[PDB]
Amino acid sequence: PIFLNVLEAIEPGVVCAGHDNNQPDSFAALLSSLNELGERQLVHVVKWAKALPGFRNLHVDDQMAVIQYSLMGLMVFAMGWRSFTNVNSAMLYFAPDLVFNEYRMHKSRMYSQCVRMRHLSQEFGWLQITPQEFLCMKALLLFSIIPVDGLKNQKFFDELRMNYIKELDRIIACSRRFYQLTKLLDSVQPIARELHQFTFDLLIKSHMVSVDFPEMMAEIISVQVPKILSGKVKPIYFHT
Ligand SMILES: C[C@](O)(CS(=O)(=O)c1ccc(F)cc1)C(=O)Nc1ccc(C#N)c(C(F)(F)F)c1
């Protein structure tokens, strides 16, 4: 199992947010730590992605664009999984120092999005998703959102996507399963778009609510995320 060996080997380790758990859950505090956490996870997602089989086949500009467009979905999917295996989806395990209970979910003003994510997290139990299926599905999420007008070398992207779908189909090797797993993958995207909308809004009013964005995250939110929210960049859904 060469392919699964590689996915297992490259899987990021623990990322902490740096959150002060002695201060009171304030909107500004929770969100400033979520933004810092997003930057810390991006650093790891970049190194992960670049070690993936075949990823370096993509044009270099397309490499970074694909990582940026898919970052939210990747983080959501992985956090659903951490939640499942750590706390059985009782709470959202964003990081070991940033675990959300209902109260946090309300205080962050992301309650509706958090309930979806915990629902996704519960799915990993309701479907009995294996670690190996989780890893294949996560690698496919990286190849699941692109500009409607295509990437710079779109044939190379299509080839990669095709092969990652095949690897997922093998690991399954039943048609029920593939249907379920592709439906679960599709369910990530509406959640990512809700988070994207929330994040962009927060950046625009960030001065007046006293939330800090790291530079890298501010640049992505102002350059890349609007392309998604304006419909230039859209997810690849399996269904509908
Ligand atoms: C609100 C925000 O802080 C915005 S952000 O992280 O700056 C961000 C900005 C741009 C993106 F394309 C994705 C994420 C955020 O979504 N953070 C965040 C951090 C960690 C994790 C995890 N795990 C998640 C979530 F995906 F799980 F929601 C979300």
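All residue numbers in this chain count up from 1 along the given sequence. Note that these values count all heavy atoms, side chains included, but never hydrogens, waters or copies made by symmetry. Heads up, header says this was done by X-ray crystallography, 2.0 Å. Counting starts at 1 for both ligands and their atoms, following the listed order.
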> So what's the drug over at ligand 1?
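The drug is R-bicalutamide.
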> Identify the main binding partner of R-bicalutamide here and report its name as listed in the PDB entry.
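Its main partner is Androgen receptor.
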> Which other-chain residues or nucleotides lie under 4.0 Å from R-bicalutamide, by heavy-atom distance only?
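Non-hydrogen contacts come from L34, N35, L37, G38, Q41, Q68, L71, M72, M75, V76, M79, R82, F94, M117, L195, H196, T199, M217, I220, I221, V225.
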> What is the closest protein heavy atom to atom 21 (C) of R-bicalutamide, and at what distance does it sit?
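For this ligand atom, the closest protein heavy atom is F94 CD2, 3.8 Å.
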> Nearest protein heavy atom to atom 2 (C) of R-bicalutamide, by residue and atom, and its distance?
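I find the closest protein heavy atom is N35 OD1, 3.5 Å.
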> Give me the residue, atom name and distance of the protein heavy atom closest to atom 10 (C) of R-bicalutamide.
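Going by distance alone, atom 10 (C) of R-bicalutamide is nearest to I221 CG1, 3.9 Å.
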> Going by the order shown, which atoms of R-bicalutamide are within less than 4.0 Å of some heavy atom of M72?
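Counting atoms of R-bicalutamide from 1, those under 4.0 Å from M72 are 11 (C), 13 (C), 14 (C), 16 (O), 26 (F).
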> Got a sec? Which UniProt domain of chain A does most of the touching around R-bicalutamide?
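Most contacts sit in UniProt domain NR LBD.
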> Please list, in number order, the atoms of R-bicalutamide under 4.0 Å from a heavy atom of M117.
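Listed by number with element, the hits are 28 (F).
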> What residue and heavy atom of the protein are closest to atom 15 (C) of R-bicalutamide, and at what distance?
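Here the closest protein heavy atom is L34 O, 4.2 Å.
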> Looking only at N/O atoms, are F198 and R-bicalutamide under 3.5 Å apart anywhere?
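Such a contact does not occur with R-bicalutamide.
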> Do any UniProt 17beta-hydroxy-5alpha-androstan-3-one-binding residues in chain A have a heavy atom less than 4.0 Å from R-bicalutamide, and if so, which?
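The UniProt 17beta-hydroxy-5alpha-androstan-3-one-binding residues passing the heavy-atom test: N35, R82, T199.
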> May I ask you to list the atoms of R-bicalutamide that are less than 4.0 angstrom from any heavy atom of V76?
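Within the 4.0 Å cut-off of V76, R-bicalutamide contributes 26 (F), 27 (F).
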> Looking only at distance, does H196 have an N or O less than 3.5 Å from an N or O of R-bicalutamide?
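The answer is no, given that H196 and R-bicalutamide share no N or O pair closer than 3.5 Å.
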> Could you check the entry and tell me where chain A comes from?
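The deposit names Homo sapiens.
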> Note the single closest protein heavy atom to atom 29 (C) of R-bicalutamide, along with its residue, its atom name and the distance in Å.
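Among all protein heavy atoms, the one nearest atom 29 (C) of R-bicalutamide is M75 CE, 3.9 Å.
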> Short list, please: which atoms of R-bicalutamide are under 4.0 Å from a heavy atom of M79?
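Listed by number with element, the hits are 23 (N), 27 (F).
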> What I want to know is whether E39 and R-bicalutamide share at least one N or O pair that is separated by under 3.5 angstrom.
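No - when backbone and side-chain N and O of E39 are compared with those of R-bicalutamide, no distance drops under 3.5 Å.
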